[PDB]
Undergrad: 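Quick one: the structure is below, questions incoming.
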Amino acid sequence: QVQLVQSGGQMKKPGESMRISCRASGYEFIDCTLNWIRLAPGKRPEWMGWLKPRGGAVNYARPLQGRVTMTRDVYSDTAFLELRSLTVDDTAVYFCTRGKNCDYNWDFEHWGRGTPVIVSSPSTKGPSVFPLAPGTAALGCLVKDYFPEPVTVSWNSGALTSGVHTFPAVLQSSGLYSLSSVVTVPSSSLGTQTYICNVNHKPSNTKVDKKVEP
Amino acid sequence: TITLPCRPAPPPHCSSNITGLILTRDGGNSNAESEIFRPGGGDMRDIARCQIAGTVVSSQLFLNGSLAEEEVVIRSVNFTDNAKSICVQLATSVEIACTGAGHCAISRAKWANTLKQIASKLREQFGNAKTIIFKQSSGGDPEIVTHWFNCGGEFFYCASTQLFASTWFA
Amino acid sequence: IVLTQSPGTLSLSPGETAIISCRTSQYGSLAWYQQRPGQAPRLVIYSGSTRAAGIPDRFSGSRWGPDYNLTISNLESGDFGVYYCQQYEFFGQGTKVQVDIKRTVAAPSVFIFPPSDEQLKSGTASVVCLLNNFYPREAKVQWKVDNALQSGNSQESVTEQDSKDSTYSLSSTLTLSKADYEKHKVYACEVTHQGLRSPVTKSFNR
Ligand SMILES: *[C@@H]1O[C@H](CO)[C@@H](O[C@@H]2O[C@H](CO)[C@@H](O[C@@H]3O[C@H](CO[C@H]4O[C@H](CO[C@H]5O[C@H](CO)[C@@H](O)[C@H](O)[C@@H]5O)[C@@H](O)[C@H](O[C@H]5O[C@H](CO)[C@@H](O)[C@H](O)[C@@H]5O[C@H]5O[C@H](CO)[C@@H](O)[C@H](O)[C@@H]5O)[C@@H]4O)[C@@H](O)[C@H](O[C@H]4O[C@H](CO)[C@@H](O)[C@H](O)[C@@H]4O[C@H]4O[C@H](CO)[C@@H](O)[C@H](O)[C@@H]4O)[C@@H]3O)[C@H](O)[C@H]2NC(C)=O)[C@H](O)[C@H]1NC(C)=O
Ligand SMILES: *[C@@H]1O[C@H](CO)[C@@H](O)[C@H](O)[C@H]1NC(C)=O
Ligand SMILES: *[C@@H]1O[C@H](CO)[C@@H](O)[C@H](O)[C@H]1NC(C)=O
């Protein structure tokens with residue numbers, strides 16, 4: 001029964017180096033090529049490289065060419081992944097894998113439990129809140145250009161529950177999250193009641209209150 | 001005439017003809033502008049499965065093996081599989097000469113000609129015209145990283161770092 | 001060489017078939033990996049149609065030309081999650097088979113929001129398209145500027161199926177900068193949905 005046990009989850013600062021181990025038992029270690037694959041949230045799975053234990057033959061993925069280095073120890077049946085010059089993009093759960101059959105390498109039957117890494121820059125970007133205004137009417141707030149996740153909006157400090165829809169954030173090419181939060185209210189109400197959304201962003205300790213005037 | 005940093009120094013009778021070589025292909029893709037190739041990265045089973053080998057046990061470079069007729073012939077189980085080693089056989093051999101002083105000389109111009117042939121055949125397999133890069137090994141044991149062979153029951157380690165450092169266009 | 005999976009998010013109730021498609025750009029055996037939430041991903045299908053270990057016969061792979069299908073005949077809780085397709089070292093973007101309570105069809109109430117003047121000063125301009133309370137989740141939003149389609153400049157998001165409503169809401173964030181925005185005077189958001197007879201359009205002038 002093949003087992004791929006790897007290191008525990010790590011927290012790293014940007015620009016630092018990282019080492020992760022993965023030892024395996026249940027099969028003869030030297031026989032099968034070993035791969036590393038990182039999975040980022042809302043992102044394509046990414047193959048990092050493979051490593052052939054008999055002679056330490058190695059093949060690094062071209063995007064990572066400079067910053068990736070993986071080695072092996074034959075005697076304790078283990079492989080090590082090393083990632084230098086960390087960036088916030090590199091936050092992912094890192095898996096060591098081995099194929100089903102010993103040399104068709106790509107049918108990844110066996111995965112580790114995963115080693116989650118979290119590089120997070122102490123630099124944070126406060127939310128920019130922009131109103132959205134018009135039988136029934138809708139008015140909301142655009143929480144644009146903030147970093148990182150998450151923010152939690154509300155309306156009238158919680159007086160408004162019904163009709164409110166807050167949306168999952170969206171990663172713009174800017175690298176900064178922008179979400180929207182709308183509410184549907186009666187058309188008449190636009191004149192009678194004032195509508196304030198309360199954007200709360202703990203990573204920056206910013207807590208913006210914004211009004212949506214008709 | 002390129003020379004080889006060699007450890008230890010190889011006696012004259014160890015000087016021989018080069019027949020072929022082993023190329024591992026770097027995993028893609030970026031943009032299919034170019035392909036990176038490195039020596040070795042091949043297990044002994046890949047070498048045996050290649051069937052062109054001679055008597056000499058070696059890494060990266062086939063020695064004292066059988067040549068193939070007319071054109072350089074490249075073979076792999078699957079070329080689109082970068083985990084599979086590429087076997088290269090030459091019609092014209094390349095006489096690697098060891099002085100015994102510790103540096104193995106080689107005809108630079110001739111090795112340029114053979115390399116151009118390989119790159120041409122690689123393009124034939126990997127698409128009409130992709131620029132081809134030859135770089136040194138990514139890493140591993142000295143036997144895989146350095147060109148390592150056996151002569152008279154004694155092992156020798158030569159660095160092909162000088163050798164594999166080219167780039168070809170079309 | 002890239003792998004394109006469709007749909008991005010397939011959603012439907014337990015007890016009915018789910019079908020996932022993966023478009024390839026080259027030859028080579030293709031695999032299918034299931035990934036349950038929080039758990040490591042699991043190899044479902046390899047070499048096109050052969051199932052891995054512990055995979056029931058409810059999973060089948062189908063191939064025609066460059067296209068591959070993973071069909072899960074009878075949806076159980078354990079089947080829901082996110083599926084990826086693979087060809088050598090490359091993966092597809094992913095698909096998310098998620099649960100969906102069946103209810104009556106509802107047409108979306110659409111609103112369009114011009115960009116905040118303060119944002120306009122900052123240099124950027126974000127036009128928002130709101131689609132509220134519609135069933136089912138599959139609905140298409142088309143951005144046109146001076147009656148001209150747009151691609152890649154816009155982004156989207158859909159709510160979790162709201163418990164009371166059992167209905168989906170969508171937000172389309174159309175993003176520009178001040179220059180291009182002021183140039184074009186008039187903008188329109190086009191919504192085509194199952195509960196809609198005709199593509200409802202919501203537009204405005206600068
Ligand atoms: C590394 O390894 C990988 C594997 O891991 C290798 O990948 C394999 O590579 C093979 C060769 O390169 C490749 O075979 C090709 O596949 C072609 C496409 O096959 C699919 O599409 C067929 C229908 O296509 C039609 O429609 C699409 C789009 O709609 C168009 O693109 C096409 O042009 C057509 O218009 C479809 O029939 C086929 O399924 C059959 O094959 C499957 C095998 O996996 C079966 O499961 C399936 O049931 C079908 O089987 C039927 O047909 C076979 C005979 O092919 C028969 O045995 C069965 O009983 C059943 O009847 C796929 O869905 C395909 O077009 C190619 O076929 C032509 O060429 C061969 C010669 O190679 C001829 O013998 C054949 O008759 C046919 O002739 C055509 O071409 C002639 C000249 O080439 C021409 O004269 C003639 O008029 C015809 O046009 C061929 O089979 C594999 O698909 C591929 N495998 C995978 C998984 O991707 C890879 O190559 C390796 N890498 C390297 C570098 O070597
Ligand atoms: C290879 O062959 C040559 C001559 O054919 C011979 O001198 C040499 O000893 C052989 N072995 C090696 C390792 O060069
Ligand atoms: C290599 O082969 C050639 C002819 O094929 C022969 O003349 C030469 O002696 C051989 N050995 C060396 C070291 O070149």
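Residue numbering restarts at 1 for every chain, and letters A, B, ... go by the order of the sequence lines. What's counted below: heavy atoms across the whole structure, side chains too, no hydrogens, waters or symmetry copies.
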Undergrad: What's the chief chain around chains A and C in this model, going by the PDB entry?
TA: Engineered outer domain of gp120
Undergrad: Name the drug or drug candidate found at chains A and C.
TA: VRC01
Undergrad: Count heavy-atom pairs under 4.5 Å between each chain of VRC01 and chain B, and return the chain with the most.
TA: chain A
Undergrad: List the source species for chain B given in this PDB entry.
TA: Homo sapiens
Undergrad: Determine the epitope of VRC01 on chain B with heavy atoms closer than 4.5 Å.
TA: B:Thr24, B:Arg25, B:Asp26, B:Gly27, B:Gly28, B:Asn29, B:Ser30, B:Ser34, B:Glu35, B:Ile36, B:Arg38, B:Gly41, B:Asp43, B:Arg45, B:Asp46, B:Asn78, B:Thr80, B:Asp81, B:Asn82, B:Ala83, B:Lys84, B:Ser85, B:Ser138, B:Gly139, B:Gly140, B:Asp141, B:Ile144
Undergrad: Give chain and number for each residue of VRC01 with a heavy atom within 4.5 Å of chain B.
TA: A:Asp31, A:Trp47, A:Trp50, A:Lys52, A:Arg54, A:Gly55, A:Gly56, A:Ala57, A:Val58, A:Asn59, A:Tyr60, A:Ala61, A:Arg62, A:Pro63, A:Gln65, A:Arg72, A:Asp103, A:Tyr104, A:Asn105, A:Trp106, C:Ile1, C:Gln26, C:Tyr88, C:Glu89, C:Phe90
Undergrad: Return the PDB molecule name for chain C, nothing more.
TA: VRC01 Fab light chain
